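Naming: A, B, ... by sequence-line order, numbering from 1 per chain. As a textbook-style caveat: the illustration shows part of the entry, and contacts are counted within that part alone. What you see below is based on every heavy atom in this structure, not just the backbone, and it leaves out hydrogens, waters and symmetry mates. Whatever order the structure lists them in is the order used to number ligands and atoms, beginning at 1.
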Amino acid sequence: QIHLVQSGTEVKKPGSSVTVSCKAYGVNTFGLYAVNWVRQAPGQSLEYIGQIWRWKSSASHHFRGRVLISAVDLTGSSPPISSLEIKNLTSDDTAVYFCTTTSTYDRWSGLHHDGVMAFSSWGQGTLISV
Amino acid sequence: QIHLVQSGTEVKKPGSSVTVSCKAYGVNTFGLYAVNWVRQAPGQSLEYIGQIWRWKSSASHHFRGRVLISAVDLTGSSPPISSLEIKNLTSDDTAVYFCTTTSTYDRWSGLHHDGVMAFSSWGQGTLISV
Amino acid sequence: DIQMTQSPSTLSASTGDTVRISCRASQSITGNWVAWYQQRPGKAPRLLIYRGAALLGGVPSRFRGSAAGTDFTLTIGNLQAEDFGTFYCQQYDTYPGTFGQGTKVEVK
Amino acid sequence: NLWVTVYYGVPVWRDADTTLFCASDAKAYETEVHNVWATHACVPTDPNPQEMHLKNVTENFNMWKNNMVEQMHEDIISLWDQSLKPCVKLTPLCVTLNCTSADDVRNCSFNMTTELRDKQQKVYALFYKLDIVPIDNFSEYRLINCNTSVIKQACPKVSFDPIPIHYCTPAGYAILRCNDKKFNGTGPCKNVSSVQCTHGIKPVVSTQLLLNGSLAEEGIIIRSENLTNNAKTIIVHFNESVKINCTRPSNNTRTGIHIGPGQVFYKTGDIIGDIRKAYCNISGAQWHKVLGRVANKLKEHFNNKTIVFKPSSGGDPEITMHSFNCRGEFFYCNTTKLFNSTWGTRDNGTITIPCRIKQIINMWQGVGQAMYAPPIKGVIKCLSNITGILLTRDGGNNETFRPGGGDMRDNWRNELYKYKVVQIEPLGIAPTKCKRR
Amino acid sequence: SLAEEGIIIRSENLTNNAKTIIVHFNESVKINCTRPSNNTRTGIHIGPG
Amino acid sequence: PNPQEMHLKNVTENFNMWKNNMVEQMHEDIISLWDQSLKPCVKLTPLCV
Amino acid sequence: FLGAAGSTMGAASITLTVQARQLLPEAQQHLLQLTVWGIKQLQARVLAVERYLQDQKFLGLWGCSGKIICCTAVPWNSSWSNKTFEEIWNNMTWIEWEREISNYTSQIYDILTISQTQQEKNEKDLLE
Amino acid sequence: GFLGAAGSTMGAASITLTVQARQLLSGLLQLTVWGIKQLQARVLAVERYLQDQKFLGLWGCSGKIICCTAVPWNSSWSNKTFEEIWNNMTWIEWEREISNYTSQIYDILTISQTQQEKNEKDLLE
Amino acid sequence: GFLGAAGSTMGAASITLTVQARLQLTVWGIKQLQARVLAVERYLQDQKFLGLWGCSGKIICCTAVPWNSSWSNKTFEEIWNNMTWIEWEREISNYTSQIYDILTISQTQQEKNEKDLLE
Ligand SMILES: *[C@@H]1O[C@H](CO)[C@@H](O[C@@H]2O[C@H](CO)[C@@H](O[C@@H]3O[C@H](CO[C@H]4O[C@H](CO[C@H]5O[C@H](CO)[C@@H](O)[C@H](O)[C@@H]5O[C@H]5O[C@H](CO)[C@@H](O)[C@H](O)[C@@H]5O)[C@@H](O)[C@H](O)[C@@H]4O)[C@@H](O)[C@H](O[C@H]4O[C@H](CO)[C@@H](O)[C@H](O)[C@@H]4O[C@H]4O[C@H](CO)[C@@H](O)[C@H](O)[C@@H]4O[C@H]4O[C@H](CO)[C@@H](O)[C@H](O)[C@@H]4O)[C@@H]3O)[C@H](O)[C@H]2NC(C)=O)[C@H](O)[C@H]1NC(C)=O
Ligand SMILES: *[C@@H]1O[C@H](CO)[C@@H](O[C@@H]2O[C@H](CO)[C@@H](O[C@@H]3O[C@H](CO[C@H]4O[C@H](CO[C@H]5O[C@H](CO)[C@@H](O)[C@H](O)[C@@H]5O[C@H]5O[C@H](CO)[C@@H](O)[C@H](O)[C@@H]5O)[C@@H](O)[C@H](O)[C@@H]4O)[C@@H](O)[C@H](O[C@H]4O[C@H](CO)[C@@H](O)[C@H](O)[C@@H]4O[C@H]4O[C@H](CO)[C@@H](O)[C@H](O)[C@@H]4O[C@H]4O[C@H](CO)[C@@H](O)[C@H](O)[C@@H]4O)[C@@H]3O)[C@H](O)[C@H]2NC(C)=O)[C@H](O)[C@H]1NC(C)=O
Ligand SMILES: *[C@@H]1O[C@H](CO)[C@@H](O[C@@H]2O[C@H](CO)[C@@H](O[C@@H]3O[C@H](CO[C@H]4O[C@H](CO)[C@@H](O)[C@H](O)[C@@H]4O)[C@@H](O)[C@H](O[C@H]4O[C@H](CO)[C@@H](O)[C@H](O)[C@@H]4O[C@H]4O[C@H](CO)[C@@H](O)[C@H](O)[C@@H]4O)[C@@H]3O)[C@H](O)[C@H]2NC(C)=O)[C@H](O)[C@H]1NC(C)=O
Ligand SMILES: *[C@@H]1O[C@H](CO)[C@@H](O[C@@H]2O[C@H](CO)[C@@H](O[C@@H]3O[C@H](CO[C@H]4O[C@H](CO)[C@@H](O)[C@H](O)[C@@H]4O)[C@@H](O)[C@H](O[C@H]4O[C@H](CO)[C@@H](O)[C@H](O)[C@@H]4O[C@H]4O[C@H](CO)[C@@H](O)[C@H](O)[C@@H]4O)[C@@H]3O)[C@H](O)[C@H]2NC(C)=O)[C@H](O)[C@H]1NC(C)=O
Ligand SMILES: *[C@@H]1O[C@H](CO)[C@@H](O[C@@H]2O[C@H](CO)[C@@H](O[C@@H]3O[C@H](CO)[C@@H](O)[C@H](O[C@H]4O[C@H](CO)[C@@H](O)[C@H](O)[C@@H]4O)[C@@H]3O)[C@H](O)[C@H]2NC(C)=O)[C@H](O)[C@H]1NC(C)=O
Ligand SMILES: COc1cnc(-n2cnc(C)n2)c2[nH]cc(C(=O)C(=O)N3CCN(C(=O)c4ccccc4)CC3)c12
Ligand SMILES: *[C@@H]1O[C@H](CO)[C@@H](O[C@@H]2O[C@H](CO)[C@@H](O)[C@H](O)[C@H]2NC(C)=O)[C@H](O)[C@H]1NC(C)=O
Ligand SMILES: *[C@@H]1O[C@H](CO)[C@@H](O)[C@H](O)[C@H]1NC(C)=O
Ligand SMILES: *[C@@H]1O[C@H](CO)[C@@H](O)[C@H](O)[C@H]1NC(C)=O
Ligand SMILES: *[C@@H]1O[C@H](CO)[C@@H](O)[C@H](O)[C@H]1NC(C)=O
Ligand SMILES: *[C@@H]1O[C@H](CO)[C@@H](O)[C@H](O)[C@H]1NC(C)=O
Ligand SMILES: *[C@@H]1O[C@H](CO)[C@@H](O)[C@H](O)[C@H]1NC(C)=O
Ligand SMILES: *[C@@H]1O[C@H](CO)[C@@H](O)[C@H](O)[C@H]1NC(C)=O
Ligand SMILES: *[C@@H]1O[C@H](CO)[C@@H](O)[C@H](O)[C@H]1NC(C)=O
Ligand SMILES: *[C@@H]1O[C@H](CO)[C@@H](O)[C@H](O)[C@H]1NC(C)=O
Ligand SMILES: *[C@@H]1O[C@H](CO)[C@@H](O)[C@H](O)[C@H]1NC(C)=O
Ligand SMILES: *[C@@H]1O[C@H](CO)[C@@H](O)[C@H](O)[C@H]1NC(C)=O
Ligand SMILES: *[C@@H]1O[C@H](CO)[C@@H](O)[C@H](O)[C@H]1NC(C)=O
Ligand SMILES: *[C@@H]1O[C@H](CO)[C@@H](O)[C@H](O)[C@H]1NC(C)=O
């Protein structure tokens, strides 16, 4: 089936950088799939970060110039992998992170619309606090 | 095939009652058939009395309140039977009688029209004189 | 650039009752681009309804949704312990696709 | 104010599945040679291409879910069955064969039925060793498929020459072709063009090497379902063709025996000249060059390890040997020399690979329903390209890539990877300001 | 399927003795049938295939 | 059903009997009706003895 | 037939004359056989016939009767769509639009039928 | 094509004639037993619609539910007045009553349409 | 399609066009199935053309396309008074495709102009 895995909980300090890698078991390729990055602050509402879609990466204004997106698809030994890393970390990045997917093979399904889309599958989630 | 047989002949006197019953060999049921009572005249043209059609008895305007009509369909041993009773018998009743049937299974045939129909199969007849 | 709010934020519920939760959008989402999530305590949210009223695979049929202009609602009948949790309303019509405020359901 | 207006002919489509019929080329096959594939009945002759270039339209294509490949597999299985339904039954031949213990003929002696039911005859035939299985001088033997299938002779006139078949779509449906170089058949496609129907494709089947196929544009590109599982086969498509020439050089004869009223079993006959076994010749330098390019391409998607090509382990004779038919006789060549170099000296001498011919063919992935192929009575010589290999990985540094084959669908995936049928929806509703009728 | 209100006798000619009478029931009676002793199946090869 | 024949007036046509496809269709239809009628019938192979 | 589908609705509306022109075929050859290829053509014929007949059946009921640009006196309800004429005809393709308003096609068809039959009834009254 | 509202007289059903079209959409490669039946069924429907639409088209109604034709009423076909035709006689009853003059009605309609077509060209010159 | 009146000049026949018209597998059964599809298919094809040009059920359809003398050179009287229909259709059999395209384009152009008038 489909299953997502991320790294473990990490505790950092201001001025540092952190890494989070996403590995999907079930996604044949990221060419006809999309991965969306979402952050949930403790108690606060879920927040959108950015995406890579058709190997094109972008992010919202609140994270432009401070977030990095990369992805590598099927490999002879490893599954498709997507990575998010924060640059010049500040004390306000203390929140859980999640890796999501969706299917883009059919236009007429209703899970996507002009790049803005829902999230079919959710990762277990990794916790980063400072 | 279809064959009709009525009762025998009777010679009676005014102020009495007499009944003639027809037994149809070939009518599966009177639900999709109809029995029309027609009285021939000693020298004149034939006349109409009444009918049973979908088990709804009726009679002509010149015989209302006198003639009675009843019928019973297939039984274990007997075929369908229909009967006519003449009440308050008079000299004008000296004529033959017939019991007749026409098929009503298809609306589009042309042998019936809104309950007023032709006369397909005719019985032998029973002369009654008083 | 598009915000949404949903009420009630926290509502009590009992087994066997039918609960109606509504999320309201700032603008008119005429394309029925609204999705619903439910998360258990300390669990990632799971998609339940997409395009207003469409069920996913392997989902209980008691979850139902109705979409009409600005009023999007999710109706849960015959609640169970597998169904208590925290619910969310999302719109994906204009970039970026944001989330609702967040509503929680407590037993009794 | 705005009012609903209705348009017929708007450009909208949705993915769908249909029945795609066949169209062949001008030359009708009423040339008295009738193929197993019935190209003559593919009466829709093909008049013109009519392509349109969709501009600024991107489409998503996934080769592994195409229904076009699934339809072809069924049509080819059915055409073969239809051809062999009116052919000789061959049941009298499942009898004990008394063969000399002194590929290889071992010719044997058997008793067979004559035209008159009461009488019997004794017949001698040369039978290839590959088709005769020992049952336990002059030891007894039995045919290979006596215990699992019914064998039907091929009708002699029918030709196994493979001719192009073009598959086409009924009105209201269209076919879309990707037109993109290096397109590993999965992902978005940029310059999708609307084609009336597919180009000429040859219904050839071979186990280990793909012969007479289409050639890629930019370079050698690898295509596989899941590049992690070792139970999935890897298909390689070449951008240049190596040439293999194969011949059975002896001069043989066909003699016919009467096994019933009106039925003839044609048996092999004594050879004149006794030439060596059939071989196949494959230019060493070009083969090693394309093998090196394929090795580099494999190194690209497999973690930059060292790629070792090893020979096939075992299985049915089809799987372990290169299989094809030259002029109606299937023979299975031994391809160890072709795949043994751990690529990341190379010998330039023409490589000659031994071939052992067979006669009794068995259905691929099925039960029963075998076929018997009669001899050709002459020498044969067929020339072909090779434009693809099929390899399957073995893992448990370096990687082991055993040559593979056997699935009859995979032979056409290199030709139907760039097509996708879409239903057309012409109706549409849009608002404007006309407001009458 | 059981009839809606009462037992119904349907026949082609209630007079002929050569016509079968079909009876339909308002309510069902239940019959349970079993072959108690388990047996074995073995296969013999009578021809090629 | 009832025939409807209409005379074509002032029209001349050219006819060649040896190129008619109507005769060729009949030959095939009659050959095939006989084959269909004899397909479900006794084989008679034990007879040649 | 599909072609030049990437252009916006306004750009491709003036090129609908090209789409209609130049014969807006195969499988017309009679076979009368029951081989493998003989049945697929027989089914393809029926598929094409049913598709065209269904489309022309839907078109006729609204009073269009074979015209490419069919005007109807049905007001536009904002529940089906909000966007204005410019936002609809300047930066949106036909696939995008038909995916946007795919939840209100049945209601649109029904309303068109109501309007056509009501307009048909009004005329009979005027004639008398 | 409607079933239901067959019991009611013309005056009741005609109002809902609009509804008949209104409410709803209105109006194999196998040799198995079921597959051939499906092939025959598909052909039967297409063929029937086209025959009906071909009959409708020749009179120039061109796919419209109520069609007015300029054909005067002949007293041989019927006698009853508008009230006693449209107030107490069902459609089946009427179509059974006038089943002897459908062919002549069809022929008259076709001839009238052809004559009207010819008279139009003269006006255009 | 009225055969009969096929040997008359175009003007005479035009007047007389008063009326236009009115499973099992066995050798016969398949033939009957093929015969049905052939007719349905044929009727639809002429109708598709007629409708695109805007004729829609009229036996005589007036179209706005002008006549170019490179198709024909004769006068109305020569064409109608002494040419039968099978002669004329053979005489102009090289300019039917262009004529069909011209009528389709003209019908589409008229169709577009009306929307402008309605605003
Ligand atoms: C079938 O055939 C098709 C067609 O051939 C084939 O498709 C190809 O698939 C390839 C994958 O196999 C694919 O290649 C990958 O493409 C990725 C996309 O790259 C694009 O985006 C990035 C990022 O874009 C940012 O940044 C740039 C520059 O800063 C900026 O200009 C952009 O605008 C954008 O900024 C926007 O977003 C920001 C957020 O991200 C935001 O902040 C900004 O404000 C702004 O909004 C660009 O850099 C690229 O140039 C492309 O434009 C690409 O990311 C990926 O790179 C990885 O792999 C390379 C090798 O192939 C490495 O060299 C590279 O370093 C990447 O590897 C890193 O990531 C992996 C994944 O986790 C990790 O494991 C590695 O260790 C490595 O990590 C290290 O580096 C990262 C930094 O990247 C660090 O964070 C880590 O800590 C490590 O240090 C691939 O290059 C190719 O595009 C595609 N081609 C086509 C035509 O489709 C398909 O694969 C075939 N199928 C099969 C089965 O094979
Ligand atoms: C399949 O399943 C279906 C569904 O169940 C089933 O259908 C059922 O079939 C039944 C038959 O098997 C059927 O039952 C018969 O119905 C007959 C019709 O009855 C109606 O009419 C009579 C007469 O109506 C007259 O008179 C009344 C009162 O006077 C008046 O109010 C009326 O308006 C009408 O008057 C009009 O006409 C007059 C002239 O006729 C005129 O003078 C008036 O001025 C006026 O204009 C009513 O009385 C009834 O109430 C009904 O409204 C019915 O006649 C028949 O009755 C006979 O059988 C009964 C037993 O079932 C007896 O109890 C009864 O007495 C009748 O028996 C007489 O007739 C037989 C015939 O030979 C005879 O043998 C008997 O001996 C007896 O005759 C003697 O008495 C009469 C007086 O009654 C004398 O005249 C004689 O001389 C003798 O002395 C049945 O009851 C049932 O309706 C039907 N159900 C449905 C829903 O359709 C079907 O049969 C099944 N099929 C099979 C194969 O099984
Ligand atoms: C191409 O082919 C490859 C090879 O076949 C294939 O990769 C394999 O995919 C399958 C999925 O189909 C993967 O199986 C899943 O793996 C994850 C992760 O396992 C990794 O980590 C463990 C422990 O370290 C290792 O032992 C393992 O080897 C992997 O490295 C598992 O977590 C999954 O478990 C689910 O399935 C169990 C039954 O097997 C159930 O117990 C349960 O459903 C598990 O899901 C549960 O997990 C949640 C916690 O996260 C839990 O809270 C939920 O309740 C949920 O139910 C599963 O076994 C397999 O690992 C892959 N192997 C490799 C080498 O990649 C590709 O998928 C295939 N590609 C395509 C497109 O098909
Ligand atoms: C359900 O099944 C039952 C049983 O099978 C069936 O009932 C029987 O129907 C047949 C008709 O198919 C009846 O046969 C006719 O009966 C009449 C009446 O005869 C009565 O009287 C005699 C003498 O008293 C009795 O023996 C007899 O049992 C009856 O009580 C006969 O008159 C008919 O005669 C015709 O047949 C002759 C050959 O036998 C021919 O010579 C000739 O055609 C006779 O008709 C001729 O008679 C006219 C003079 O009246 C003459 O002028 C004409 O030319 C005319 O052609 C015939 O034998 C049989 O009696 C029924 N039996 C019972 C017990 O009911 C039901 O009909 C059936 N139901 C359905 C729906 O099928
Ligand atoms: C706008 O239109 C789209 C269609 O293009 C529409 O999406 C459809 O919604 C319906 C309604 O939910 C979906 O139908 C369900 O699909 C799920 C998928 O798994 C099924 O499980 C459901 O079946 C259950 O319920 C049935 C009825 O109770 C039971 O009989 C059955 O056994 C199951 O229990 C049900 O069929 C449909 O799948 C989608 N379609 C797509 C393509 O997603 C959307 O809802 C419309 N928008 C609005 C606001 O209505
Ligand atoms: C040859 O195998 C059958 C044998 N017999 C039948 N029978 C038909 N009727 C009966 C009673 N049997 C068959 N039908 C379909 C058959 C097939 O399509 C089929 O498997 N392949 C297609 C042809 N091919 C090859 O060219 C090829 C290539 C390299 C080596 C050997 C063969 C093998 C695969 C089939
Ligand atoms: C496709 O074929 C071309 C030539 O037909 C190959 O092009 C050569 O490739 C080698 C190594 O890749 C280079 O050293 C040569 O310079 C190339 N020739 C030219 C003219 O550029 C190409 O390599 C083939 N594709 C692949 C993937 O190898
Ligand atoms: C600080 O943040 C900016 C913006 O993210 C980044 O570009 C820069 O490299 C960072 N500098 C330091 C001191 O880390
Ligand atoms: C073959 O048939 C002959 C009869 O002519 C018989 O003598 C011989 O024994 C048979 N062969 C075998 C192996 O029994
Ligand atoms: C797509 O292919 C066509 C012809 O092969 C070519 O003209 C066109 O430029 C290609 N598309 C792109 C984006 O290059
Ligand atoms: C195969 O035949 C071709 C043409 O006959 C020839 O050019 C080629 O050299 C041959 N192959 C070998 C290995 O000699
Ligand atoms: C393949 O064949 C031999 C036989 O084992 C093997 O040892 C060698 O590596 C390969 N052949 C050559 C010539 O290298
Ligand atoms: C048939 O069954 C119903 C209930 O199932 C009962 O009410 C009815 O009386 C039964 N029929 C007869 C004749 O008793
Ligand atoms: C009955 O016999 C069958 C066949 O041998 C066997 O599979 C099954 O287990 C037996 N059941 C019991 C209860 O012994
Ligand atoms: C929109 O308006 C139309 C009237 O043209 C009406 O029929 C329809 O019901 C309205 N939509 C809704 C959702 O009420
Ligand atoms: C489509 O809408 C956007 C609104 O942000 C506008 O900026 C854009 O110019 C529009 N498209 C065109 C082609 O004008
Ligand atoms: C039908 O006609 C009869 C007599 O012509 C008349 O009495 C009756 O009232 C009419 N029906 C209705 C419903 O008025
Ligand atoms: C005659 O006119 C038609 C269109 O009216 C045009 O297509 C054709 O080219 C013209 N012929 C010449 C010789 O100009
Ligand atoms: C038509 O031409 C022919 C020969 O050119 C001539 O005989 C005939 O009279 C002409 N038609 C008429 C009506 O005169």
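Among tafenoquine, iberdomide, temsavir, the molecule seen at ligand 6 is temsavir.
Here the macromolecule bound to temsavir (ligand 6) with the most contacts is known in the PDB entry as CRF01_AE T/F100 HIV-1 gp120. Heavy-atom contacts below 4.0 Å between temsavir (ligand 6) and other chains occur for D. The structure places no covalent bond from temsavir (ligand 6) onto a chain. Lab note: binding site of temsavir (ligand 6), heavy atoms under 4.0 Å, is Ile77(D), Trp80(D), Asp81(D), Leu84(D), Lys152(D), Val205(D), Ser323(D), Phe324(D), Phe330(D), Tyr332(D), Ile361(D), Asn362(D), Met363(D), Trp364(D), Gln369(D), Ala370(D), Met371(D), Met408(D).
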